[PDB]
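The structure under discussion appears below in the form of structure tokens.
For reference, chains are lettered A, B, ... following the sequence lines as listed. The numbering of chain A matches the PDB entry: 207-268, 277-461, 466-476, in order. Going by the PDB entry, the residues shown for chain B are 202-261, 277-476, listed in order. Worth knowing before you read on, the calculation uses all heavy atoms, side chains too, and leaves out hydrogens, waters and symmetry mates. In listed order, ligands and their atoms are each counted from 1.
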Amino acid sequence: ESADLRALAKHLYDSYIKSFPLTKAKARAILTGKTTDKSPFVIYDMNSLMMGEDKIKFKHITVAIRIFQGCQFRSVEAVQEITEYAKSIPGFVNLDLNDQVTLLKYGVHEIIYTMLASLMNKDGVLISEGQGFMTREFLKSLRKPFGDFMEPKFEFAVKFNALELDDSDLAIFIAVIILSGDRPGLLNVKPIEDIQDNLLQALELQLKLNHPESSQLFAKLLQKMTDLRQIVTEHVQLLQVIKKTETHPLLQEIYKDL
Amino acid sequence: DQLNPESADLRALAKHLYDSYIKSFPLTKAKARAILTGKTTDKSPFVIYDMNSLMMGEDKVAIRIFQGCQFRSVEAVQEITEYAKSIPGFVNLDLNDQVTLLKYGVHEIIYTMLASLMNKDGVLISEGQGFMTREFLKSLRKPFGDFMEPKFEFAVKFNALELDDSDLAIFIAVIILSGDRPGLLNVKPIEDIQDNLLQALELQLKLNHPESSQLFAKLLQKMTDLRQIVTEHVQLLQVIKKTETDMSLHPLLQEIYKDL
Ligand SMILES: CCO[C@@H](Cc1ccc(OCCN2c3ccccc3Oc3ccccc32)cc1)C(=O)O
């Protein structure tokens, strides 16, 4: 039923808004777009960093490393947002808690690199709630171990953004990724898929009404997950090698592995 | 529900791909399910489940079994190749782009075709005449016993979709005409052809499996499993390259494997 799918969308979008501070609109204004009225601190040098870090304020402060530990803080911060969001997806709370937890522990990575793309352009990604901007070439130029961490995220986002999806389209697409269903260790895989399908239908009507002129956008968007999985896979890989570099107590704890 | 000149051309594409499909690959899935379900015994499969069996299966090791899979795939590449030529637009693209799509597409497809030759217990071999068991394979010399396992895992969740050849023919095409492949020169032309193949598929499903809701989405996601599989395969494949040096990989499979 058209209306049903339409309201499921308004609801989810409404949730996307209260769960996520930096919406993609609010982030395009600030980014490559003019708007904003007053741009963010740009970090392109080892010196702009010290200045931005010392002036742009910061939470994760106690080079190539301090940056990594930077993502981590924001990620661990993201995950909390995504999770409070998942809890609004109709019927998510009603699933087996063991399942719910497995859906997050597994889909939280893709919902990040998905939303990261909203804060990206070919030359860099917004930082600190958009109050900053770290150039892309600065990042790829970091110490040997850390110069490939964010590069493949750029390569993806450049493609993902190709679809020019807005918030309301991403709110649904995101739901669809959480109510995955093929995550290892799931107990009652049925109600999950039962909801995803109810999410997938809403994505369709949504992507059809919001991008009528975009041919087979639904198909194209679904195949981007084949790209997210590869990022998250290739990512967790590097994330292993970093342990053959870093090798704390109460911190190493707060950052299990996100 | 209804019709329209729009859908019409697609259907004709659905039928064109299906025809060239049946024409390109000898062993379809239909003939595959026939053999596998011992319900139809107009001609049944010999079974290999241990060395003893394997030994007698020549009446009509872990290495030679390997040079078997290897050989089959060279022929499967050929079949997929010829099938590609028949894909509307493909032979019109830059000769290079063609070589690229065939490059990063042959396996993601060979593992699709492979699922229609499988079932939890085993897989068909030698045109469907034989049937090797998961167990036996999963018990070959230390390294060679991990090759096929991940295939079965996939074939299992894949076949779950319940797709028949007229569906695979379109999806098998949607795979070649990718566009997000490494080393492509002109892309939008490649993208355009596919956005069409996709249109065909989305219809061929909503029509051939009416009751199967969101089969279009469920199936596109399965493409992830294929990359992973190709990944894992190449690395295990990398190992046999250094441990077994007296052994030889096939030039074709060799030239097709040179990137991520
Ligand atoms: C080692 C070769 O790896 C190939 C890929 C590949 C792997 C498995 C395949 O399934 C083949 C199934 N099969 C088979 C399985 C086990 C032993 C022998 C044997 O021979 C035949 C003969 C006819 C049909 C099917 C088979 C295909 C390609 C490659 O990397 O390119």
Can you peek at the structure and tell me the main thing ligand 1 is bound to, named as in the PDB entry? peroxisome proliferator activated receptor gamma
Ligand 1 drug: ragaglitazar
Heavy-atom contacts under 4.0 Å with ragaglitazar, by chain: B
What organism does the deposit give as the source of chain B? Homo sapiens
What is the UniProt domain of chain B where most contacts with ragaglitazar occur? NR LBD
